[PDB]
J.: 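Mind looking over this structure? Questions follow.
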Protein chains: 2
Amino acid sequence: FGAXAXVXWXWXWXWX
Amino acid sequence: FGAXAXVXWXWXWXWX
């Protein structure tokens, strides 16, 4: 979760 | 992975 990869920003799901 | 929770900074494992 958060900024990098997962749920959040960068990679996986969310944004970025 | 990264900043928030998981492997990286904030919560779970790594730092913060």
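Chains are lettered A, B, ... in the order of the sequence lines. We number chain A the same way the PDB entry does; the residues here are 1-16, in that order. The residues of chain B that appear here are 1-16 by the PDB entry count, in order. Technique stated in the header: solution NMR. Parent amino acid or X stands in for every modified residue here; extra atoms are dropped from the contact count.
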J.: Tell me the drug found at chain B.
T.: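 The drug is gramicidin.
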J.: How is chain B named in the entry?
T.: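 Entry name: gramicidin A.
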